[PDB]
*Asks:* 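This PDB file has S-pomalidomide in it.
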Amino acid sequence: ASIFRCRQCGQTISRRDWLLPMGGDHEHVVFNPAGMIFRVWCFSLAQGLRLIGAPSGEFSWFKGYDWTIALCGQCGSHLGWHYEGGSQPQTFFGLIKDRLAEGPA
Ligand SMILES: Nc1cccc2c1C(=O)N([C@H]1CCC(=O)NC1=O)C2=O
Ligand SMILES: [Zn+2]
C-alpha cells in the first residue's frame, strides 16, 4: 500500500510518500456550493491526470490558491483539483480519497 491509482480504471496517480500536510494535516473535508462533501488528501505531486482549463480562485478551499479541475487522464473520472498561484508551496494537488485505490508499487 504505497501507490494510489484511479479507482475506475487503474491509471497511476500518486504515492503515499507524496502526501502533503497542508495546515498540519494532509486530510481536509470540504463542501462545494452544490453541497457535495469531499475528503480531500493533499499531495505535493501527482501524475496521470489531465488538468482542465485555466485556474480560478472562486470558492477556493485553500487560502491564496487558485484551482483547476483534475481528471483522470485515462478515464476522465473527476479525481480532484490542482492548486497554484499560492505560497509555500506555490502548487499542490487536492485529490478525493475515495476515488483512488491504494496498493503495491
Ligand atoms: N462553483 C462550483 C460549482 C459546482 C461545483 C464546484 C464549484 C466549485 O467551486 N467547486 C470546488 C472547486 C475547488 C475548490 O477549492 N472549491 C470548490 O468549491 C466545485 O466542486
Ligand atoms: Zn481513471
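Sequence positions, counted from 1, serve as the residue numbers for this chain. The analysis underlying the following values was restricted to heavy atoms, covering all of them including side chains, and did not include hydrogens, waters or symmetry mates. Both counts, for ligands and for their atoms, begin at 1 and track the order of listing.
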*Asks:* Map S-pomalidomide onto the structure by ligand number or chain letter.
*Replies:*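 All copies together: ligand 1.
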*Asks:* Quick one: what's S-pomalidomide bound to in this structure? I mean the chain with the most contacts, named like the PDB entry names it.
*Replies:*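 Main binding partner here: cereblon isoform 4.
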*Asks:* Below 3.5 Å, N or O to N or O, backbone or side chain included: is there any such pair between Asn32 and S-pomalidomide?
*Replies:* yes
*Asks:* Do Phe59 and S-pomalidomide have an N or O pair less than 3.5 Å apart?
*Replies:*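 Min N/O separation from S-pomalidomide is below 3.5 Å for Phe59.
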*Asks:* Counting non-hydrogen protein atoms only, what is the nearest one to atom 8 (C) of S-pomalidomide? Give residue, atom name and distance.
*Replies:* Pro33 CD, 3.8 Å
*Asks:* Under 4.0 Å from a heavy atom of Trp67: give me the atoms of S-pomalidomide that qualify, with their elements.
*Replies:*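 S-pomalidomide atoms under the 4.0 Å threshold to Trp67: 9 (O), 12 (C), 13 (C), 14 (C), 15 (O).
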*Asks:* Just heavy atoms, cut-off under 4.0 Å: does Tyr83 contact S-pomalidomide by side chain, backbone, both, or neither?
*Replies:*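 Side chain only; the backbone of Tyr83 stays clear of S-pomalidomide.
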*Asks:* Which organism does the PDB entry give as the source of chain A?
*Replies:*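 The entry lists the source of chain A as Magnetospirillum gryphiswaldense.
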*Asks:* Hey, is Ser60 one of the residues with a heavy atom under 4.0 angstrom from S-pomalidomide?
*Replies:*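 It does; at least one heavy atom falls under 4.0 Å.
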*Asks:* Looking at atom 17 (C) of S-pomalidomide, what's its closest protein heavy atom, distance included?
*Replies:* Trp61 CZ2, 3.3 Å
*Asks:* Is the closest protein non-hydrogen atom to atom 4 (C) of S-pomalidomide under 4.0 Å?
*Replies:* no
*Asks:* What would you say the binding site of S-pomalidomide is, if we count heavy atoms under 4.0 Å?
*Replies:* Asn32, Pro33, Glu58, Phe59, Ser60, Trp61, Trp67, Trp81, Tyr83
